[PDB]
Asks: 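To start, I am sharing the structure in question, which I have written as structure tokens.
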Amino acid sequence: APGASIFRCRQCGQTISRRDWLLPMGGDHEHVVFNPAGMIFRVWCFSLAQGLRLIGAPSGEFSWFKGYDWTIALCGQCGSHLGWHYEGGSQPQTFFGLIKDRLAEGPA
Ligand SMILES: O=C1CC[C@H](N2Cc3c(OCc4ccc(CN5CCOCC5)cc4)cccc3C2=O)C(=O)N1
Ligand SMILES: [Zn+2]
């Protein structure tokens, strides 16, 4: 009964990621960040995620992670904004920054 091992979309229950997949970027999986619109996000970095829909082409504008371009990551099921896919960087080349409070943690 591994009780807190997967992350689902809080809105619809789509399978998104796993506690096992948390990635400490610059020493911490958690990054508290603000966009140009002044919205605060508690971002959890994951090496891997699924069940998302990545919108458009990458942009480096206002990237919170040096060397990485982002794409908006929506829940592929309900279209809720869950965070961003990061690419074009180094070690790793790619990862997901997901908004912690938009995910529900629960058993495998
Ligand atoms: O890593 C990341 C992931 C993406 C994330 N971003 C960028 C971003 C935007 O970025 C496009 C954009 C940015 C700025 C403007 C207009 N300016 C002009 C001067 O500054 C204030 C208003 C228009 C469009 C537009 C809307 C939301 C976000 C958002 O959440 C972020 O910040 N860092
Ligand atoms: Zn959803």
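This chain uses plain numbering: 1 for the first residue, then up along the sequence. Atoms within a ligand are numbered from 1 in the order they appear, just like the ligands themselves. Values below: all heavy atoms of this structure, side chains included; hydrogens, waters and symmetry mates excluded.
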Asks: Pick the drug at ligand 1 from iberdomide, entecavir triphosphate, paliperidone, ralimetinib, epothilone D.
Replies: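 The correct choice is iberdomide.
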Asks: Hey, which chain has the most contacts with iberdomide (ligand 1) here? Just the name the PDB entry gives it.
Replies: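 Greatest contact count: Cereblon isoform 4.
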Asks: So is there a nitrogen or oxygen of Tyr86 less than 3.5 Å from a nitrogen or oxygen in iberdomide (ligand 1)?
Replies: yes
Asks: Ignoring angles and geometry beyond distance, decide whether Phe41 reaches within less than 3.5 Å of iberdomide (ligand 1) through its nitrogen or oxygen atoms.
Replies: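 There is no such contact.
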Asks: Can you confirm, on distance only, whether iberdomide (ligand 1) has an N/O atom lying under 3.5 Å from any N/O atom belonging to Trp64?
Replies: yes
Asks: What part of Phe62, side chain, backbone, both or neither, has a heavy atom within less than 4.0 angstrom of iberdomide (ligand 1)?
Replies: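 For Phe62, backbone and side-chain atoms both sit under 4.0 Å from iberdomide (ligand 1).
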Asks: Output yes when the distance from some N or O of iberdomide (ligand 1) to some N or O of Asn35 is under 3.5 Å, and no in every other case.
Replies: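 Among all N and O atoms of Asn35, at least one is under 3.5 Å from an N or O of iberdomide (ligand 1).
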Asks: Does at least one non-hydrogen atom of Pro36 fall below 4.0 angstrom from an atom of iberdomide (ligand 1)?
Replies: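 Per 4.0 Å heavy-atom rule, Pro36 contacts iberdomide (ligand 1).
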Asks: Provide the binding site of iberdomide (ligand 1) at 4.0 Å, counting non-hydrogen atoms only.
Replies: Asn35, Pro36, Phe62, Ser63, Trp64, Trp70, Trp84, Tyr86
